[PDB]
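Opening remarks: the structure here includes TMC353121.
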Amino acid sequence: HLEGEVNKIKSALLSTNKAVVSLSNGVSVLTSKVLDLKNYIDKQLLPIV
Amino acid sequence: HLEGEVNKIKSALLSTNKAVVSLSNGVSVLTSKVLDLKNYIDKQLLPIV
Amino acid sequence: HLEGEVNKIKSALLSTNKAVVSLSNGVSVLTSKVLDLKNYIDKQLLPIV
Amino acid sequence: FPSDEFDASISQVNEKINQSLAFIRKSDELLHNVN
Amino acid sequence: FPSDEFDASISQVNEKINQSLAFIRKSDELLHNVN
Amino acid sequence: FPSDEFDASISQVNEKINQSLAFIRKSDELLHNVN
Ligand SMILES: Cc1ccc(CCCO)c(NCc2ccc3nc(NCCCN4CCOCC4)n(Cc4nc(C)ccc4O)c3c2)c1
Ligand SMILES: Cc1ccc(CCCO)c(NCc2ccc3nc(NCCCN4CCOCC4)n(Cc4nc(C)ccc4O)c3c2)c1
Ligand SMILES: Cc1ccc(CCCO)c(NCc2ccc3nc(NCCCN4CCOCC4)n(Cc4nc(C)ccc4O)c3c2)c1
């Protein structure tokens, strides 16, 4: 039975790891968009202001 | 003893999972605020500039 | 053998935990930069616009 | 929303957050089945 | 700070990051008790 | 890029994301060695 339990935990941690990858990918996209906003302000807004 | 150990690991992973939920919720709020900034620039700043 | 397996899982979860700390630190820096952008817009852009 | 590619990227971030939460749900469900 | 609801939301993000780190601390402490 | 300290901080976020992914890789590799 116990190896069954150990196996459930391995599977669970594999799923947790996929969660962290997914979140990391979302933060990477968000980071790109924050940099885009900063560049838009400096290179589109400020020159016409 | 070993089932005790297995149990500590289950508890640990449950705590790690709560960490990832908490961080995901923080990233969701941050994402909303980045979208708000973008809309403020386009709909408040640019029209008066 | 099985305690060996349990040990691999402990090590794996310790590594997953370091992943979540690293990502949390990146989100903290990003959050600071979003607040900086908001303050730049309100205190540098809007007063000259 | 979404009005443009910036908004579409924001939507993608939200989809990745939801994927994260889904994978945690699955992990939690596997653990609540452990004794 | 916080001067408004945008700043208050930023504070909330920081609180969620600190909650995350706290839950990792607890997980780490449980594991350093495993042999 | 990086043109200033704001861009350097953005680079730091990217380095922390890559560190996160690296630690997950290591965890995954340890688990694929479990039976
Ligand atoms: C010189 C330079 C440097 C950096 C950038 C940003 C990244 C590339 O777009 C640009 N973008 C030019 C550029 C030129 C025309 C653009 N048009 C859009 N979106 C369509 C219009 C959206 N509508 C929605 C309703 O309210 C008014 C605005 N964007 C998307 C957009 N993107 C950002 C980041 C902020 C605001 C924003 O509307 C543009 C970006 C230019
Ligand atoms: C048409 C349109 C579209 C989108 C938005 C943003 C989201 C809703 O607020 C708005 N906001 C109007 C709108 C109108 C008055 C506002 N007043 C505030 N904050 C109070 C003033 C803060 N002080 C702090 C000290 O330095 C000067 C600014 N905010 C909060 C705020 N929020 C953001 C996102 C950026 C900067 C900012 O000061 C406003 C937003 C309007
Ligand atoms: C009153 C007040 C309140 C808040 C801030 C933002 C945080 C502190 O810098 C400021 N910053 C003043 C301030 C004054 C001069 C600055 N010069 C820079 N960067 C160097 C120029 C970068 N180049 C790159 C190419 O395209 C044109 C812009 N930054 C970095 C920067 N930082 C941000 C956040 C947005 C855009 C931006 O270029 C400045 C910030 C001022």
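Reminder, nothing fancy here: chain letters follow the sequence lines and each chain counts from 1. We count ligands from 1, going down the list as the structure has it; atoms in each ligand are counted the same way.
In this structure, every copy of TMC353121 sits at ligands 1, 2 and 3. Tallying contacts with TMC353121 (ligand 2), the largest count belongs to the chain named in UniProt as Fusion glycoprotein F1. For TMC353121 (ligand 2), the other chains with a heavy atom below 4.0 Å are labelled B, C, E.
With respect to atom 3 (C) of TMC353121 (ligand 2), the closest heavy atom belonging to the protein is B:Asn39 O, 4.0 Å.
Using a 4.0 Å cut-off between heavy atoms, C:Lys43 contacts TMC353121 (ligand 2) through its side chain alone, with no backbone atom that close.
Atom 30 (C) of TMC353121 (ligand 2) has E:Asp4 OD2, 3.4 Å as its closest protein atom, hydrogens excluded (heavy atom only). Here E:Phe6 has side-chain heavy atoms under 4.0 Å from TMC353121 (ligand 2), and that is the only part of it that gets that close.
Looking at atom 6 (C) of TMC353121 (ligand 2), its nearest protein heavy atom turns out to be B:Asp36 O, 3.7 Å.
The nearest protein heavy atom to atom 16 (C) of TMC353121 (ligand 2) is not closer than 4.0 Å.
Scanning the protein heavy atoms around atom 14 (C) of TMC353121 (ligand 2), the nearest turns out to be B:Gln44 NE2, 4.2 Å. TMC353121 (ligand 2) places these atoms under 4.0 Å from at least one heavy atom of E:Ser3: 22 (C), 24 (C). The entry gives chain E the name Fusion glycoprotein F0. The closest protein non-hydrogen atom to atom 39 (C) of TMC353121 (ligand 2) is B:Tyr40 CE1, 4.4 Å.
Against a heavy-atom cut-off of under 4.0 Å, C:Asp42 is close to the following atoms of TMC353121 (ligand 2): 28 (C), 36 (C), 37 (C), 38 (O).
Closer than 4.0 Å to atom 8 (C) of TMC353121 (ligand 2) lies none of the heavy atoms of the protein. Around TMC353121 (ligand 2), within 4.0 Å by heavy-atom distance, are found B:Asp36, B:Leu37, B:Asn39, B:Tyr40, B:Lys43, B:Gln44, C:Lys38, C:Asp42, C:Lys43, E:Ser3, E:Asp4, E:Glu5, E:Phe6.
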